[PDB]
Asks: 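Here's what I've got: liothyronine, bound to Thyroid hormone receptor alpha.
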Amino acid sequence: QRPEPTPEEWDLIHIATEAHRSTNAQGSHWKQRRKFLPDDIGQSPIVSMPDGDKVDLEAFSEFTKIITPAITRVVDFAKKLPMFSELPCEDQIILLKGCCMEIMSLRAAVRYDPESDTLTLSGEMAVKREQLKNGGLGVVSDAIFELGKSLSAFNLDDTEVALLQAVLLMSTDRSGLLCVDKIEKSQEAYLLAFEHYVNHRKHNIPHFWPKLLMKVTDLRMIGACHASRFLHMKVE
Ligand SMILES: N[C@@H](Cc1cc(I)c(Oc2ccc(O)c(I)c2)c(I)c1)C(=O)O
């Protein structure tokens, strides 16, 4: 009834799923290696910042210590998608700076653990809503957790997530792009493959596809609130 990946789109999906899996911290068995950020950390948000806000700085350090590798992995992922590597250097850097939080956020959210109400950062650090609120995301902490809980139910697989990530990456909605039309063709290709792959999985949920497109908007929201700290160093 509802259409299902063409053979060129099965190819796209292999490449994208392998790019995601090869850059997802600790891989598919991440859950068996975790350290819970300890209780005494992230509880006291007392230090002002050059931006005006108060932050439990110890916590902010513990987070800042593991963020660069996480960024690196987003870049590794991007560079493994051929439609992304064909872009000019100038546009690659824009696009990366632009989705890097959208993607790290999604990457944590699908590793939401209802058993302990924690997010899992880079496959190892289990954190509570309040630790990451006080560590420097404000309300953004609350937004990712709501999303975590929301996705438990959708039960996404590494392909769905991979493809979701490519749709985030090839956004045409960024200041400064040269090759806008190429990016939109590629976004459209990924969207259409993704819609098809979702067909191919009979999801025991009504309206799965459109419900899931809505979480794109939530992720672009996250990325818009926490966009400052990405004048990151992209090396192509
Ligand atoms: N867990 C993801 C990676 C990931 C890593 C970290 I550190 C995260 O927290 C942030 C991000 C920006 C900030 O300014 C602060 I303060 C904390 C998140 I949300 C995600 C993965 O699987 O790659």
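In this chain, residues are counted from 1 in sequence order. For the numbers below, each heavy atom of this structure counts, side chains included, while hydrogens, waters and symmetry mates do not. Both ligands and their constituent atoms are indexed starting at 1 by order of listing.
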Asks: What source organism is recorded in the PDB entry for chain A?
Replies: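 Per the PDB entry, it is Homo sapiens.
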Asks: Specify which UniProt 3,3',5-triiodo-L-thyronine-site residues in chain A come within 4.0 Å of liothyronine, measured from their heavy atoms.
Replies: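 UniProt annotation plus heavy-atom distance gives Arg73, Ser122.
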Asks: Where, in terms of UniProt domains, do most residues of chain A that contact liothyronine sit?
Replies: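 Most contacts sit in UniProt domain NR LBD.
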Asks: Hey, which residues are hanging around liothyronine within 4.0 Å, heavy atoms only?
Replies: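 By heavy-atom distance, that gives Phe63, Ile66, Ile67, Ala70, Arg73, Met101, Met104, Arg107, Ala108, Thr120, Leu121, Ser122, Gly135, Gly136, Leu137, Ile144, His226, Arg229.
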